[PDB]
Number of protein chains: 2
Amino acid sequence: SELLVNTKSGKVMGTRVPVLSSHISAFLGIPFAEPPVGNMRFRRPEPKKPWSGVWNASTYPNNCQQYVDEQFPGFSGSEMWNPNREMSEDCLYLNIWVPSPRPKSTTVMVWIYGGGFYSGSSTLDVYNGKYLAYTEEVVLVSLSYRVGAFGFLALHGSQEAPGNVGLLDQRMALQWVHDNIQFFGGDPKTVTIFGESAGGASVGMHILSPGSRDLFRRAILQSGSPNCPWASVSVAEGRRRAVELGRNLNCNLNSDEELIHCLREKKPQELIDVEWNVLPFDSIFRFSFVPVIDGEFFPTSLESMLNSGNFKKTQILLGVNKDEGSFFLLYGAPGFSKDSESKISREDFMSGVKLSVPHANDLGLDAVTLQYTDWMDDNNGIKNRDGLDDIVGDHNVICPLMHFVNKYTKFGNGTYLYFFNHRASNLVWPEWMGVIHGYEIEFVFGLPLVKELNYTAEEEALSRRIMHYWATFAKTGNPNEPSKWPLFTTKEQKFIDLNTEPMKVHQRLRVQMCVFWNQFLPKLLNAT
Amino acid sequence: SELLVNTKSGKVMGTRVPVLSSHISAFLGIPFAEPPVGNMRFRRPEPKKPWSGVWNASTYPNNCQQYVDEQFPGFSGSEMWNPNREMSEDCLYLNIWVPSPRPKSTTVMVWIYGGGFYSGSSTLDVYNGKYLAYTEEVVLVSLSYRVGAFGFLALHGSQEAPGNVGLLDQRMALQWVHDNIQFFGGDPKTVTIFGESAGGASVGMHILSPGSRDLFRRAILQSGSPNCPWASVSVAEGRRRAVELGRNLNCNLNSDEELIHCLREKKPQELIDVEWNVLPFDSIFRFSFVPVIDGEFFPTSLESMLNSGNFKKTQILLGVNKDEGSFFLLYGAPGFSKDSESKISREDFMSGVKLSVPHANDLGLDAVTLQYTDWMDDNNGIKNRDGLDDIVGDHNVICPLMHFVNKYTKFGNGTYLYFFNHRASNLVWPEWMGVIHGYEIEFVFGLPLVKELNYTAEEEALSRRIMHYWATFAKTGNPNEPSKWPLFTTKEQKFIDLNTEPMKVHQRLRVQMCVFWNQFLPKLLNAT
Ligand SMILES: COc1ccc2c3c1O[C@H]1C[C@@H](O)C=C[C@@]31CCN(C)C2
Ligand SMILES: COc1ccc2c3c1O[C@H]1C[C@@H](O)C=C[C@@]31CCN(C)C2
Ligand SMILES: *[C@@H]1O[C@H](CO)[C@@H](O)[C@H](O)[C@H]1NC(C)=O
Ligand SMILES: *[C@@H]1O[C@H](CO)[C@@H](O)[C@H](O)[C@H]1NC(C)=O
Ligand SMILES: *[C@@H]1O[C@H](CO)[C@@H](O)[C@H](O)[C@H]1NC(C)=O
Ligand SMILES: *[C@@H]1O[C@H](CO)[C@@H](O)[C@H](O)[C@H]1NC(C)=O
Ligand SMILES: [Mg+2]
Ligand SMILES: [Mg+2]
């Protein structure tokens with residue numbers, strides 16, 4: 001039977017799923033690690049012990065324990081990211097969508113979800129892989145990994161909570177795909193990892209980590225890069241946050257062993273209830289437990305690895321969306337609200353910049369404010385609102401990604417850069433938010449091809465070309481089918497817009513602002 | 001006789017001069033101080049001892065000793081600023097153009113020439129006052145003052161070379177006008193001092209100096225303000241330059257008395273031959289001997305005087321030209337030449353910024369470069385050339401003037417701001433220079449009304465409205481004849497363009513760049 005597959009870990013039984021008036025096979029909830037529960041909480045993952053009998057893979061697995069968003073109870077724009085399955089620390093599973101009839105050796109894509117390293121699920125409706133698998137004839141995999149303290153609490157030097165274990169979860173799933181995807185019809189030598197935001201940062205982290213490089217062929221990064229300012233911390237800051245977490249739960253802090261034992265007896269929700277109290281600054285776009293520059297998973301600083309070409313050399317396809325900052329300003333900056341046009345006063349602008357660049361001294365905050373203010377019209381509420389969206393987006397997503405692409409391209413084997421700027425016709429978020437962080441995903445997973453979802457015919461067509469660009473790149477290392485998406489080069493720096501209008505090629509994506517964020521401001525903060 | 005005038009210092013005999021097919025009286029070369037020669041070199045000026053008999057005032061006086069421009073021998077654009085009379089340390093004289101028949105009590109305007117405080121003459125063809133006196137029926141005075149080391153060598157603490165003596169020369173001429181202009185038909189209560197560049201800085205310095213305020217009624221400043229970065233130095237820097245001058249002439253440096261005695265035995269040209277060797281940095285737009293913040297002529301720092309309203313409160317009319325930096329870049333920055341279009345390489349741009357902001361550290365030079373570079377097109381030769389013109393102009397002329405007008409307006413009694421951007425049809429300087437520092441003067445003095453000079457009929461008309469705006473302001477404190485030039489206010493900050501097109505009103509003259517030069521960069525250099 002097409003729904004039965006024997007892997008090196010055991011037999012697995014999938015289920016048939018309807019898709020656009022046809023059907024494909026799905027193997028949901030395949031375990032790739034031992035449940036990281038009890039004394040295994042905070043530990044590196046262990047491979048799943050092989051099982052006899054048939055694993056029932058007909059239903060989605062539990063989602064990892066995480067902070068649930070209650071900012072807009074019941075609002076769909078918000079609920080679409082929340083766990084849609086019961087949460088459990090027993091959550092290390094992966095999902096596979098396989099074309100029917102079963103391929104022999106086809107292109108494989110493995111999705112890594114985002115969620116600021118503190119949330120995320122492989123089971124969300126926007127990540128349903130049946131459309132992409134079906135439409136492009138690829139074997140589509142979505143993995144999962146521990147988030148929040150469970151995935152990233154780091155007490156460097158300790159073997160019990162070393163940090164980065166969520167990244168090791170991703171790697172273990174990638175090892176499992178490398179070892180077993182051939183049985184599902186996938187070519188393990190043509191595995192493309194792709195992910196958005198913390199998932200895109202994760203993809204870049206596997207490109208950098210010597211221990212992950214050999215497990216995949218090429219990479220796609222959507223609105224995230226490894227060097228994002230929110231994506232990692234030093235071992236000293238990670239240690240400081242772990243100790244502050246213990247301090248919030250009245251833990252014995254005399255030793256790492258004491259702290260970890262205490263943290264392991266707490267129920268999951270108790271850690272989540274105080275997770276946000278350990279940030280060092282009042283800030284937006286900063287998350288508590290994230291990857292640590294540890295000397296193991298990351299051998300040296302990310303910048304020296306990038307500078308010296310110490311990373312996997314292959315082809316990459318990546319990009320950003322037009323209004324990367326709006327989501328975070330809505331959730332945490334003064335003056336923004338979901339149901340108003342959010343015109344921002346001069347004062348709220350200044351407190352927004354302080355929140356956006358938490359690590360900056362006063363001269364630094366002045367430089368940002370000067371750079372983003374139109375001084376002939378400084379009380380313009382729309383301009384201040386949009387200026388803050390650019391500050392947040394440029395500092396946290398865009399300029400770090402432009403820095404990564406320029407460093408990468410010098411040693412890589414092919415780069416394709418995009419700028420996604422289509423505002424979905426059925427977007428439920430207010431107009432002032434624009435093209436929001438995360439909202440290109442639905443186009444990548446082909447949701448616009450299902451009628452009940454209400455997209456325009458042109459949005460369906462944009463989704464189909466994005467899916468074909470992504471799958472053709474996964475297959476060949478070039479999104480173009482032999483109107484061209486040009487290669488991004490060190491000299492030319494070309495990229496394309498991704499929207500419903502005829503393709504336009506541009507150059508040096510937000511260079512002006514990124515020279516400020518990547519070269520000037522760090523020099524300024526260093527001298528002062 | 002209309003050409004005979006008896007003043008408190010003695011009788012003076014003028015001469016009749018033809019002007020636009022009519023005639024007026026001129027009293028040229030009237031002495032207002034004792035010749036500052038011999039042991040009087042570097043000393044405060046002494047009032048001219050009254051004389052019996054009739055002073056022959058039919059011809060122009062000698063020009064003060066100064067560095068003569070040989071950068072373009074015989075070229076008219078350059079020669080028009082050079083002394084056109086024999087140079088002599090005996091040069092403290094003033095000139096008066098008087099309408100015919102002689103007025104009883106009319107509006108008086110006193111012109112103070114520029115020349116970077118190191119050069120300048122009251123006798124230049126572009127300063128011929130007959131056209132303005134004639135056309136607007138005003139008594140026009142042009143004074144003179146010592147420049148270079150002779151006017152500004154400063155050994156603070158010494159009474160022999162205290163500094164600022166050139167400013168005291170101007171004040172003495174203003175005292176003479178106050179005491180005697182009534183005899184020539186001028187109303188001493190309606191005296192407007194006006195001047196360009198170092199002459200405009202000088203005008204602002206008399207607005208600030210308690211000892212000059214009472215001598216005039218209102219003021220006009222053209223492309224200069226007291227707080228310009230090149231217009232003054234501390235007493236320590238002035239002292240250091242005087243000692244370096246002596247060191248260049250092998251002077252005994254054991255004491256102020258020794259240094260001054262040595263400097264007083266040198267012929268004028270010997271001091272001028274080494275004048276430029278005392279600048280502290282390789283720089284452009286910096287001059288050796290200039291006003292000193294001494295605690296006497298200037299009681300405290302210029303900024304605290306401006307901040308506290310410690311200055312003459314009256315009406316002011318002032319402005320700048322479009323391309324204030326081009327003249328200085330031509331003369332001293334790499335890549336610029338008089339006979340090429342002067343497209344500037346990225347490299348020459350960077351060495352131009354280093355030359356333009358001599359006092360800045362490397363972070364400071366980076367901030368300027370970032371602010372003026374179009375990073376999507378950084379090798380564009382025209383853009384780099386124009387960017388440098390703006391850097392020089394904004395840092396040295398425009399932003400200091402915008403800072404002065406905003407501080408002044410808070411306490412003043414009426415401000416009128418202009419932006420002169422007409423490129424003369426007969427300009428002999430290359431096109432790339434644009435609307436050059438100093439080139440609005442010919443319009444202010446009405447040269448476009450003389451046919452042989454070859455201006456267009458519209459340029460003649462622009463000159464006539466500028467002359468009428470200036471004289472009406474001198475007369476009434478408002479350039480408008482009862483299409484309006486609006487008052488510049490703290491709230492609105494309006495100004496008008498001055499050119500051959502219908503008047504346009506704008507707001508916040510170069511605010512974006514001036515917030516960088518007046519607020520950001522000084523804070524940056526202070527923190528680093
Ligand atoms: C830095 O990236 C993020 C930080 C926090 C959140 C998200 C992030 O990326 C967004 C889109 C997708 O990756 C998943 C979660 C996001 C949308 C839902 N919530 C509530 C929070
Ligand atoms: C800072 O202002 C100046 C510094 C140097 C010079 C001039 C300046 O202003 C210019 C126009 C007018 O004021 C007189 C001299 C200038 C034109 C002639 N030369 C050679 C030099
Ligand atoms: C697999 O699990 C689902 C739901 O838990 C169930 O309906 C289905 O029949 C199961 N298959 C087997 C044979 O276990
Ligand atoms: C990628 O590598 C192959 C050889 O290993 C080379 O021929 C090709 O030009 C490279 N492509 C790019 C864009 O560097
Ligand atoms: C004034 O001086 C000029 C030239 O020096 C001379 O031609 C003129 O006649 C003089 N007038 C008298 C009477 O001194
Ligand atoms: C100038 O001063 C007079 C009174 O001294 C006042 O009435 C007038 O409004 C003032 N003008 C301005 C523009 O301040
Ligand atoms: Mg935006
Ligand atoms: Mg210019």
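Convention: sequence-line order gives letters A, B, ...; per-chain numbering from 1. Atom set for the values below is all heavy atoms of this structure, side chains included, hydrogens, waters and symmetry mates excluded. Every number for a ligand or one of its atoms is a count from 1 in the order of the listing. So this one's X-ray crystallography, 2.0 Å, going by the header.
According to the PDB, the drug located at ligand 1 is (-)-galantamine. The main binding partner of (-)-galantamine (ligand 1) here is, in the terms of UniProt, Acetylcholinesterase. Going by heavy atoms, the other chains that come closer than 4.0 Å to (-)-galantamine (ligand 1) are A. Ranking protein heavy atoms by distance to atom 2 (O) of (-)-galantamine (ligand 1), first place goes to A/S197 OG, 2.8 Å.
Scanning the protein heavy atoms around atom 19 (N) of (-)-galantamine (ligand 1), the nearest turns out to be A/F327 CZ, 3.6 Å. When distances are taken between heavy atoms and rounded to 1 Å, the UniProt active-site residue of chain A closest to (-)-galantamine (ligand 1) turns out to be A/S197, 3 Å. Considering only non-hydrogen atoms, atom 1 (C) of (-)-galantamine (ligand 1) lies nearest to A/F285 out of A/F285, A/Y118, A/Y127.
Remark: atom 5 (C) of (-)-galantamine (ligand 1) lies closer than 4.0 Å to at least one protein heavy atom.
In terms of protein heavy-atom proximity, atom 20 (C) of (-)-galantamine (ligand 1) is closest to A/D69 OD2, 3.5 Å. This PDB entry assigns chain A to the organism Torpedo californica.
The shell of residues lying under 4.0 angstrom from (-)-galantamine (ligand 1), judged by heavy atoms, excludes A/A198. For (-)-galantamine (ligand 1), the atoms sitting less than 4.0 Å from at least one non-hydrogen atom of A/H437 are 2 (O), 9 (O), 10 (C), numbered in the order shown with element in parentheses. The protein atom (non-hydrogen) at minimum distance from atom 13 (O) of (-)-galantamine (ligand 1) is A/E196 OE1, 2.7 Å. Heavy atoms within 4.0 Å of (-)-galantamine (ligand 1) belong to A/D69, A/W81, A/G114, A/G115, A/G116, A/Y118, A/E196, A/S197, A/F285, A/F287, A/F327, A/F328, A/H437.
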Report all N/O contacts between (-)-galantamine (ligand 1) and the protein shorter than 3.5 Å as a table of atom names and distances to 0.1 Å; if there are none, say 'none'.
from	atom 1	to	atom 2	distance (Å)
(-)-galantamine (ligand 1)	2 (O)	A/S197	OG	2.8
(-)-galantamine (ligand 1)	13 (O)	A/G115	N	3.4
(-)-galantamine (ligand 1)	13 (O)	A/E196	OE1	2.7

